[PDB]
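A look at one PDB structure holding bortezomib (bound form).
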Amino acid sequence: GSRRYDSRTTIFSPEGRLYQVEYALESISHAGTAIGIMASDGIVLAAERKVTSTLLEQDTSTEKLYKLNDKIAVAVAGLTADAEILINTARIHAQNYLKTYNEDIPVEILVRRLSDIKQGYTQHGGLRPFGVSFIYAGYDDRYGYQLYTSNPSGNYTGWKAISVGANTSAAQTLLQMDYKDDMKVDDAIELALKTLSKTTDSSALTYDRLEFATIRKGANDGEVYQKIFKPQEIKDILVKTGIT
Amino acid sequence: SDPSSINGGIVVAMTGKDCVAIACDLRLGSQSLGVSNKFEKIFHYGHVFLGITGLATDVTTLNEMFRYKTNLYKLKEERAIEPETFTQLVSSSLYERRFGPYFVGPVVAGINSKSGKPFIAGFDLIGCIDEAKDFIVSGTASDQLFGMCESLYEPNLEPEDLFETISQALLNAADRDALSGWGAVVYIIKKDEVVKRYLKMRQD
Amino acid sequence: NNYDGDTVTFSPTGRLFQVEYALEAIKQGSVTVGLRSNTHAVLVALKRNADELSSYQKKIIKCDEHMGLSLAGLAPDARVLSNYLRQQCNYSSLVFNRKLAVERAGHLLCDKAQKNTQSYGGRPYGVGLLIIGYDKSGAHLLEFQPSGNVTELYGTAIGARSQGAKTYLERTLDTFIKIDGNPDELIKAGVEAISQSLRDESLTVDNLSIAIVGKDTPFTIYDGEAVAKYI
Amino acid sequence: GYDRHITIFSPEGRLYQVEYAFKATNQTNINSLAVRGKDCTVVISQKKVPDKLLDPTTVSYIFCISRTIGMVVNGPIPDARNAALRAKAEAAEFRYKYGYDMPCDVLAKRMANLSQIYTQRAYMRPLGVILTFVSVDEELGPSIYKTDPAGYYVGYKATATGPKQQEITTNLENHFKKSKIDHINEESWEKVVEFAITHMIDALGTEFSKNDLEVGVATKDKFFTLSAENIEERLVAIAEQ
Amino acid sequence: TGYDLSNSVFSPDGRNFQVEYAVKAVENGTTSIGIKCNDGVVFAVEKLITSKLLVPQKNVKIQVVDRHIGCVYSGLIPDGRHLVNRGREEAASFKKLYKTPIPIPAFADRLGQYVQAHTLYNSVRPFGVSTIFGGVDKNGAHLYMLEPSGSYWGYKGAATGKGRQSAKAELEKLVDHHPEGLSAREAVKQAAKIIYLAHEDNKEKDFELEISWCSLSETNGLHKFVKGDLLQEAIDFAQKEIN
Amino acid sequence: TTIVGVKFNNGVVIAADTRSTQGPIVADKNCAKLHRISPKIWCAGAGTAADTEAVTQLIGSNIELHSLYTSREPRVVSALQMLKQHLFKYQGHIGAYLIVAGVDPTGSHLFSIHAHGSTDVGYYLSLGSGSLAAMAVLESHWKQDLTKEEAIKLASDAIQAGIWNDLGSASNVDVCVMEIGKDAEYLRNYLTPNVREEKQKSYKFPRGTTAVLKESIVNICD
Amino acid sequence: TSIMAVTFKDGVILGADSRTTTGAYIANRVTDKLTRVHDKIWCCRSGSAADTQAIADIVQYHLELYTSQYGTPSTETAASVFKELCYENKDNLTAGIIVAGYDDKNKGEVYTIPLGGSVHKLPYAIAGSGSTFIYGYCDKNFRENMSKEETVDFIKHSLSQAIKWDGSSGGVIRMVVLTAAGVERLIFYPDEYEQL
Amino acid sequence: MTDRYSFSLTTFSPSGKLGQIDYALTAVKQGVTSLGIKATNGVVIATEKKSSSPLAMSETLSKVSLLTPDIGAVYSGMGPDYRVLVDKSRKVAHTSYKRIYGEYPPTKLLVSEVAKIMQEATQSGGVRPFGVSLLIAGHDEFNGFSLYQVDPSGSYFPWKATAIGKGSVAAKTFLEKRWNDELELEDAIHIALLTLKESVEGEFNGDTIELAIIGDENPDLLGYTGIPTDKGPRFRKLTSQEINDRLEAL
Ligand SMILES: *[B]([O])([O])[C]([C][C]([C])[C])[N]C(=O)[C]([C]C1=[C][C]=[C][C]=[C]1)[N]C(=O)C1=[C]N=[C][C]=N1
Ligand SMILES: *[B]([O])([O])[C]([C][C]([C])[C])[N]C(=O)[C]([C]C1=[C][C]=[C][C]=[C]1)[N]C(=O)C1=[C]N=[C][C]=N1
Ligand SMILES: [Cl-]
Ligand SMILES: [Cl-]
Ligand SMILES: [Mg+2]
Ligand SMILES: [Mg+2]
Ligand SMILES: [Mg+2]
Ligand SMILES: [Mg+2]
């Protein structure tokens with residue numbers, strides 16, 4: 001019967017590893033690097049688009065940074081199509097929570113939900129897992145600014161600074177070296193771009209190969225503003241920090 | 001017994017020159033018993049305003065529903081919803097409950113951000129769109145509101161004149177209805193400024 | 001070989017190996033004998049024990065007042081099939097006020113076993129059954145194989161060393177068919193038939209199991225000191 | 001190498017089960033031909049009754065799908081009849097739902113979509129048949145639309161299917177290169193059938209008796225198959241000129 | 001290779017090896033035939049007497065569908081029964097909706113589509129039987145034969161099982177020597193002969209002859225088993241011809 | 001509501017009034033009761049307003065998809081069949097009473113559909129509360145072999161009969177003309193009462209007339 | 001409604017009035033209650049117009065699919081499909097149908113299917129609200145093996161009286177003739193049949 | 001029966017590759033060249049009508065398809081997969097948008113819905129990915145003109161201009177030299193015809209080339225008059241004659 005052709009996506013190896021999760025992580029390691037850095041007065045999201053073209057319409061393009069609600073955003077590393085499935089689900093969960101409690105969803109709760117969905121694909125159903133790793137950047141009135149990451153296993157962790165995708169080993173060492181607790185957004189912006197500039201496989205880091213975003217309380221009085229940087233704005237911050 | 005007249009209340013909307021106005025009373029009751037004088041019936045999603053009369057639980061539910069939907073719309077479309085589009089969304093959403101409807105009388109009001117054209121629309125409890133040029137009425141004193149609006153209203157009123165006309169339409173209509181009143185609110189809406197005024201009225 | 005992984009696969013010579021392996025489970029099972037005359041039908045079964053402390057596995061199951069069977073192979077599968085027969089016999093009585101014909105009972109068993117041989121996921125039944133009964137057309141004896149093949153016979157035997165009892169019945173055919181109106185002599189012939197399949201062990205009081213049905217005899221099972229008469 | 005057993009992509013981007021279904025198409029060793037007249041569409045097919053014990057009247061690969069649509073099949077008869085029964089059901093349902101007779105091209109597309117599904121879904125195998133639908137459509141006029149196991153379909157001026165399709169195809173191609181029109185310029189369907197048979201004889205290089213052929217004709221508001229005697233009359237006319 | 005391990009898989013030839021392996025089960029079975037006569041059909045089958053313990057005339061192989069169709073098959077007997085059970089459901093639902101008893105060509109396709117369906121998936125096995133069947137309807141007599149692939153045609157005479165080549169040769173003679181046709185009573189006699197002649201392929205064990213027939217004149221277009229004197233008359237005719 | 005349909009020699013014309021009512025109250029004085037199903041197939045609707053709008057758009061949507069699937073111009077019998085089978089399904093609970101008309105490759109057609117799913121054919125038809133006034137006019141002035149100009153007049157005269165004599169009909173006349181070979185012409189307000197009374201007095205108020213308690217600016221921006 | 005179907009020597013003729021009513025208002029005065037489910041199998045419809053249309057449409061679909069598989073169906077088969085729908089859905093339907101058809105083997109046949117879903121094969125049948133008034137006339141005047149002209153007169157006279165007395169019946173008298181020759185439609189206007 | 005393939009047929013290999021998606025892309029590579037170019041006042045999509053036989057009527061086979069009145073689509077790869085995607089794309093534009101908002105979806109969101117369908121064929125049980133890459137050109141009020149590519153994975157990218165299929169590598173290089181942000185629609189059509197000639201072997205004319213545009217509203221193609229706000233479809237398929245006229249000025 002059909003059993004003959006079943007890959008058995010949800011099994012343990014003799015060593016106690018989930019094959020498909022491990023291979024999905026290997027897929028993600030070839031994806032464009034994405035970096036998240038949390039500061040006392042905001043969060044930075046930086047990410048590298050993969051070997052682009054001059055004919056790509058960048059200003060209408062989105063492959064790395066997505067908005068979940070007004071307070072929470074994500075940086076993607078892996079299969080973009082897989083990520084959009086999960087992103088739409090996350091967007092709906094946030095709206096469900098808002099409708100039920102009349103309050104914006106706490107960042108961790110949203111992250112846990114998505115991470116639980118990923119987990120399900122590793123334990124039951126016989127389907128391949130989502131080849132996606134997220135960096136969640138968000139704010140709520142309980143914990144303030146938060147950074148999380150989730151991977152195909154459905155495991156999530158909180159961070160002060162973190163990278164996903166390609167060259168994470170190199171990137172994480174560089175972040176661990178220059179990161180400090182009393183750091184600010186403008187400093188974090190610089191750290192993020194400097195790290196990408198060193199870990200990139202490209203010859204040089206340019207505006208057309210980047211997606212950039214910030215979550216700031218730099219919004220008029222006690223409230224939070226998301227800023228998805230435009231191509232021209234990424235070009236300006238690259239000059240400001242002294243990379244181009 | 002009649003769900004549309006347990007809680008009571010009214011909403012009215014009017015067009016003016018490069019402006020729209022939408023107003024509502026503040027009463028919520030349990031038939032004869034007045035319960036709340038702070039129950040506002042007008043909500044807004046971006047620059048689109050929605051007034052809802054009828055059964056209060058559904059008023060609340062639909063607000064939460066249209067907030068839900070307009071929020072997702074914005075995330076995907078990367079722009080705020082327009083009055084014409086929202087009107088179609090309200091109609092769609094109501095008609096999907098054709099044989100188990102929300103007992104409400106919605107009213108949409110706003111200005112199209114691109115064309116600048118003023119827009120109002122009314123609905124029955126199941127989705128039928130009444131897209132009037134002049135005015136829209138809804139609630140337990142809709143008959144009274146029709147009479148007031150039909151006599152008081154004239155086209156191309158300026159924002160501060162329109163305020164007087166709609167306020168007097170609401171106030172005098174509410175004063176002939178036992179289940180309406182207990183306060184009132186009027187929204188004056190222009191392309192990039194909105195003023196909200198609470199009216200002084202008789203509290204019986 | 002490569003075509004015995006499931007029941008849904010023919011071999012290159014047109015064989016169904018899973019069915020044949022299920023057939024093999026019957027050959028490992030303890031011997032049981034069936035035979036009839038024109039008035040009575042008799043089952044004789046050699047029960048098997050695990051050891052000296054254990055009981056002797058029951059081989060005969062009653063299906064109705066006028067019908068029952070003996071088993072050889074997987075006992076739980078016999079329980080499933082006998083339960084099905086009980087229901088079909090019972091449906092016939094309740095709905096039609098009619099005792100189920102032994103031939104029709106065989107047809108129902110054939111069709112139930114067949115579905116398990118053509119579908120993926122399932123498995124063939126791992127048991128052989130000998131059904132006896134007395135209906136409106138007299139005494140009957142059926143042999144059920146889990147391939148689906150059901151066969152009406154004068155006498156037969158299934159299980160380990162069953163060929164000895166089957167040859168004996170093939171010789172005695174003209175004698176035991178004529179044993180009409182004499183239950184004890186028909187059982188004697190059955191006890192003598194099953195004896196041809198014995199080696200090393202002999203028929204003891206808790207070893208032997210006998211059943212009978214006939215003209216004015218409801219299906220009744222004899223065990224223990226009730227079969228000492230025939231040892 | 002299980003990419004050759006079910007309908008999934010091989011490393012070359014190929015679907016081997018679809019390709020092998022195309023090969024099953026020629027298992028019957030029968031050649032079919034379809035041409036269009038002014039008022040009609042004619043389809044002819046070789047009829048081979050190798051066994052004397054067969055009832056030759058029941059040996060057919062031409063099917064009357066609806067009153068207006070006819071279908072000839074190139075492939076094994078079980079898959080042929082599977083396709084026929086479905087096409088009949090689809091044509092009847094279409095008329096009930098939408099209030100008018102299902103067009104030939106629309107039915108072809110529908111059957112082509114069903115075939116496409118078998119090339120994408122693993123549990124369903126492709127049918128090893130090529131379906132040639134013919135009619136005189138009330139909008140498009142004389143119509144020939146052909147479907148294959150890949151889920152591909154297209155309209156035709158004329159077409160041929162079978163082991164020796166290429167010889168027939170080139171023969172037809174050469175004729176339409178001369179006439180420079182998309183059809184057989186002939187009033188009566190009888191003469192269009194004569195043309196169809198004549199050009200099959202020329203292409204294959206074989207003579208035909210009345211029992212060697214099978215003919216289907218589509219006119220306005222009906223499709224019908226010719227009897228052996230109707231074909232005999234057709235063969236007599238061909239021989240007499 | 002590996003194309004023959006799963007049903008519904010096309011080999012590089014374009015063949016379904018599992019269906020071809022089912023045919024081997026059919027070829028292994030006993031001989032069964034069908035003869036189309038002037039106003040009806042005659043079915044006959046070889047029943048191998050494995051042992052003396054088999055009760056004569058009890059293990060009936062030929063099956064009736066509705067009241068006007070006879071079915072006989074060679075190969076895996078349970079598979080044939082399953083197919084007939086389906087046929088009976090198909091005939092019942094046809095009569096339920098359309099009132100008239102199911103025509104034989106209509107009935108043939110019902111079996112054909114069902115058997116063909118069992119070559120479409122790897123979750124089912126093809127049928128291990130070739131079924132010869134037919135009867136009398138409003139348009140007269142019809143005889144069919146249906147293979148594991150789902151393939152079926154109308155026949156003047158049909159044969160399947162281990163002695164099919166022998167039988168076929170005999171059927172071909174009758175077709176040649178009787179172009180005007182064969183009577184129902186003649187067909188019964190000939191059917192008996194052909195089974196006896198086809199028994200040379202299964203000559204180790206002796207056998208039991210079973211015949212049935214539908215005929216407009218002889219049985220009022222209903223399926224009936226050939227019994228008693230008429231059966232013995234056919235057996236005598238058959239025994240005379242082999243000697 | 002007064003809706004009509006009239007066939008003429010090379011096409012078909014549809015017409016309707018423009019009043020909508022809740023009991024004795026007038027809800028809309030200019031309701032558009034003419035709907036587009038496909039470019040050259042329009043239907044007029046009476047009964048429950050939401051039901052006529054919804055069932056007309058649903059079938060209009062399916063007709064568009066069908067047209068794309070079949071690569072053909074949609075037919076009127078297709079709309080007719082899809083509509084009736086839907087209305088029948090809901091045993092009259094969808095209160096849509098329609099007059100369906102249009103031109104297609106088969107010619108020009110005129111039909112009516114009742115809420116329970118029954119369809120009729122005719123050269124002239126009318127539905128609604130003013131249907132009896134209109135049909136009296138149609139039964140008095142209809143003849144066969146009408147011109148486009150005669151048919152429009154007959155249709156709008158029939159709609160007027162309802163406007164004046166039926167309380168559930170009022171205001172303006174809408175028309176749509178579907179001719180063979182031509183584009184359909186939708187004539188919104190083909191007829192309106194001219195002039196109309198100016199009110200005796202303007203009720204524009206002195207500014208400051210209304211007593212206010214509080215004021216505030218509303219934040220609509222992000 | 002006044003409908004009837006009558007067998008005669010050459011085949012069968014169906015007849016019907018053309019009035020559809022909503023209470024006392026005549027919603028349609030030129031209705032065609034003679035509908036075609038197959039080339040030479042037609043029916044007469046009485047009761048709910050929506051129900052009888054829905055049924056007839058389904059039957060036409062079943063016989064179209066029957067024809068594609070098994071060839072031309074009998075009139076008896078058509079009546080059975082009508083019956084199956086009317087009987088199984090008897091709680092939710094209000095349909096009184098007369099089925100009439102022409103075979104070459106069986107010739108003209110008439111089946112009536114009243115409210116319950118029962119079937120009755122008859123030489124002729126009458127149904128609809130207006131049928132009540134012509135039971136006496138039709139019983140007295142019907143003969144078997146009438147000519148075409150005699151049968152047309154019989155139906156014309158019968159429905160004339162049914163129309164005269166029943167307010168639910170009226171308009172024109174439609175007729176459909178089913179024979180080996182083909183299918184012929186007839187119509188008779190008030191000025192003709194009222195003076196009978 | 002029952003679909004017993006409830007498990008994924010596309011899975012991650014040890015290297016992190018999704019084999020079936022890669023192989024689907026290989027099938028797209030073999031497919032006939034199609035391209036898209038975006039101008040300031042329009043978009044053009046074009047491809048070669050590779051006729052399988054000269055007896056076949058290639059007009060009946062439409063490689064360029066209308067999805068909505070303002071959105072069109074072209075492909076490279078497996079035609080039958082494209083055909084069913086167009087059917088689903090047309091339907092989803094109604095069910096998941098028009099029946100809710102009373103208007104046609106903007107290009108990006110329809111593309112998103114198509115992408116979603118293709119992604120699901122890459123993860124759902126018992127199916128292979130679609131063996132096509134789509135180029136979807138369209139217009140809407142708030143986003144203006146746009147051109148999107150959609151791959152077997154479900155990934156989609158917006159382009160100023162691009163090509164897919166057989167000679168895409170060469171064609172994309174050709175487009176990079178010619179494209180600028182000041183192109184008018186007629187200039188884009190001219191460049192499209194130039195680019196497409198390089199990948200075509202045999203006949204190069206209006207009968208062997210399929211070309212459509214998203215441009216100005218066509219009130220002549222609307223079918224009715226009387227509603228000012230309805231101005232007609234922006235999608236228009238160029239005729240065989242219209243193409244040949246521009247091939248003389250080539
Ligand atoms: B006409 O009278 O048929 C007209 C048809 C058109 C408006 C669709 N119908 C109505 O105006 C109906 C009358 C009605 C009242 C109450 C229940 C059902 C029908 N009016 C409405 O449907 C309606 C319209 N707007 C708001 C509320 N109700
Ligand atoms: B006849 O009167 O039975 C007639 C036959 C029908 C097929 C047109 N029925 C009707 O006219 C019925 C009402 C009726 C009258 C007498 C007996 C039973 C039923 N009318 C409708 O079904 C109808 C009426 N108006 C609109 C739509 N449908
Ligand atoms: Cl489809
Ligand atoms: Cl009617
Ligand atoms: Mg009050
Ligand atoms: Mg008070
Ligand atoms: Mg497959
Ligand atoms: Mg009368």
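In what follows, chains carry the letters A, B, and so on, assigned in the order in which the sequence lines appear, proteins first and then strands, with residues in each chain numbered from 1. Part of the entry, not all of it, is on display, and contacts are counted within that displayed part. Note that ligands are numbered from 1 as they come in the structure, with each ligand's atoms numbered from 1 the same way.
Counting every copy, the structure places bortezomib (bound form) at ligands 1 and 2.
Among all chains, the one with more heavy-atom contacts to bortezomib (bound form, ligand 2) than any other is, according to UniProt, Proteasome subunit beta type-1. The heavy-atom neighbours of bortezomib (bound form, ligand 2) at a 4.0 Å cut-off, by chain: F, G.
Source organism of chain G, per the entry: Saccharomyces cerevisiae (strain ATCC 204508 / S288c). Result for chain G and bortezomib (bound form, ligand 2): the nearest UniProt active-site residue and heavy-atom distance (1 Å) are G:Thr1, 1 Å. Covalent partner of bortezomib (bound form, ligand 2): G:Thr1 OG1.
Under the naming in the PDB entry, the designation for chain F is Proteasome subunit beta type-2.
By chain and number, the binding site of bortezomib (bound form, ligand 2) at a non-hydrogen cut-off of 4.0 Å is F:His114, F:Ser118, G:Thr1, G:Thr20, G:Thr21, G:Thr22, G:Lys33, G:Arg45, G:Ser46, G:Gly47, G:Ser48, G:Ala49, G:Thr52.
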